[PDB]
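Encoded as structure tokens, the structure appears first; notes follow it.
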Amino acid sequence: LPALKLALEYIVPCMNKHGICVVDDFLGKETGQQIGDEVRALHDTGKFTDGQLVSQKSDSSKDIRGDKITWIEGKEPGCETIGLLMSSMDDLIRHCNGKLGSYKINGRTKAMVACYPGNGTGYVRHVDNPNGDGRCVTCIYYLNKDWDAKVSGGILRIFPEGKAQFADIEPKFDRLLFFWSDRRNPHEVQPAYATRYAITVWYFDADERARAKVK
Amino acid sequence: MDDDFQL
Ligand SMILES: O=C(O)CNC(=O)c1nc(Cl)c2ccccc2c1O
Ligand SMILES: [Fe+2]
């Protein structure tokens, strides 16, 4: 679908309504598969960190590390398609100008590529931006082929604030996700038993960001 | 803080 249509008939209304929006088959197999390869190349070439220190005790030969990350600008060699994904996310947001709440998005962060190694680690329940640092919208692109949460875990569980239930989103291949970055969406990544990749980009609201250093 | 890119 053309971005503007995807944005106007789906993204905008879903976001203002639920604060969470899922888009399957965002770029298609050929482009989605290439992004997967570039991401996997960065991993195999050691561009990723060693992983978040989960269990830090006494004999550090058995320290347990979880999610590994690397910041991508999109212009790095061997990251062209990743750069293409970022431009595609930008166009959608751009088309949502002045319709996502009363926000006015003027910029974004670099892409944060994450790899949960599959050693049973996940990510504790958290709020992406709990202290008004400017990030209003979180955007995640998943690239995991035939991911079966029933055996591999790695579900993204979001607990919408004005709700008793929670939303379970599987890190499926070619899936694009949007959700308010603040207190409205506390979320967590359930333990992953298989290598799990995702690419995150946060969009900034001009006003929240502008006063971030003086509020 | 986080680096900001103009889209
Ligand atoms: O990947 C997912 O489905 C959900 N991920 C997150 O919510 C998430 N959030 C933050 Cl703030 C970080 C922060 C650092 C590294 C990974 C993160 C992560 O995967
Ligand atoms: Fe998060």
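Chain IDs: alphabetical, in sequence-line order. Throughout, chain A uses the PDB entry numbering, with the displayed residues spanning 188-402 in order. All residue numbers given for chain B refer to the PDB entry; the residues shown span 568-574 in order. Counting starts at 1 for both ligands and their atoms, in listed order. According to its header, the structure was obtained by X-ray crystallography, 2.3 Å.
- According to the PDB, the drug at ligand 1 is FG-2216.
- Ranked by contacts, the chain bound most extensively to FG-2216 is, in the PDB entry, Egl nine homolog 1.
- Going by heavy atoms, the other chains that come closer than 4.0 Å to FG-2216 are A.
- When hydrogens are left out, the protein atom nearest atom 11 (Cl) of FG-2216 is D315(A) OD1, 3.3 Å; that is the closest non-hydrogen contact.
- The shortest heavy-atom distance from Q239(A) to FG-2216 is not under 4.0 Å.
- In the vicinity of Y303(A), heavy-atom distances shorter than 4.0 Å reach the FG-2216 atoms 18 (C), 19 (O).
- Residues of chain A contacting FG-2216 are concentrated in UniProt domain Fe2OG dioxygenase.
- Interface of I256(A) with FG-2216, defined as ligand atoms under 4.0 Å from a residue heavy atom, comprises 15 (C).
- Checked against UniProt, the 2-oxoglutarate-binding residues of chain A with a heavy atom under 4.0 Å from FG-2216 turn out to be: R383(A).
- Given atom 4 (C) of FG-2216, the protein heavy atom at minimum distance is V376(A) CG2, 3.2 Å.
- Neighbours of FG-2216 under 4.0 Å (other ligands and ions): ligand 2 (FE (II) ION).
- The PDB header gives the source organism of chain A as Homo sapiens.
- Looking at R383(A) against FG-2216, only its side chain comes within 4.0 Å, counting heavy atoms.
- Backbone and side-chain nitrogen or oxygen atoms of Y310(A) are examined, and none is located within less than 3.5 angstrom of a nitrogen or oxygen of FG-2216.
- My check of the UniProt Fe cation-binding residues in chain A for heavy atoms under 4.0 Å from FG-2216 returns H313(A), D315(A), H374(A).
- Close approach of FG-2216 to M299(A) is summarised as follows: ligand atoms under 4.0 Å from at least one heavy atom of the residue are 12 (C), 13 (C), 14 (C), 15 (C), 16 (C), 17 (C).
- The shortest N or O to N or O distance between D254(A) and FG-2216 is not under 3.5 Å.
- Residue contact annotation: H313(A) has a non-hydrogen atom under 4.0 Å from FG-2216.
- The residue-level binding site of FG-2216 (heavy-atom cut-off 4.0 Å) is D254(A), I256(A), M299(A), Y303(A), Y310(A), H313(A), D315(A), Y329(A), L343(A), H374(A), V376(A), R383(A).
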Give every pair made of an N or O atom of FG-2216 and a protein N or O atom lying under 3.5 Å apart, one pair per line with both atom names and the distance to 0.1 Å, or write 'none'.
residue: FG-2216; atom: 1 (O); partner: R383(A); partner atom: NH1; Å: 3.0
residue: FG-2216; atom: 3 (O); partner: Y329(A); partner atom: OH; Å: 2.6
residue: FG-2216; atom: 3 (O); partner: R383(A); partner atom: NH2; Å: 2.6
residue: FG-2216; atom: 7 (O); partner: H313(A); partner atom: NE2; Å: 3.3
residue: FG-2216; atom: 7 (O); partner: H374(A); partner atom: NE2; Å: 2.8
residue: FG-2216; atom: 9 (N); partner: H313(A); partner atom: NE2; Å: 3.0
residue: FG-2216; atom: 19 (O); partner: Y303(A); partner atom: OH; Å: 2.7

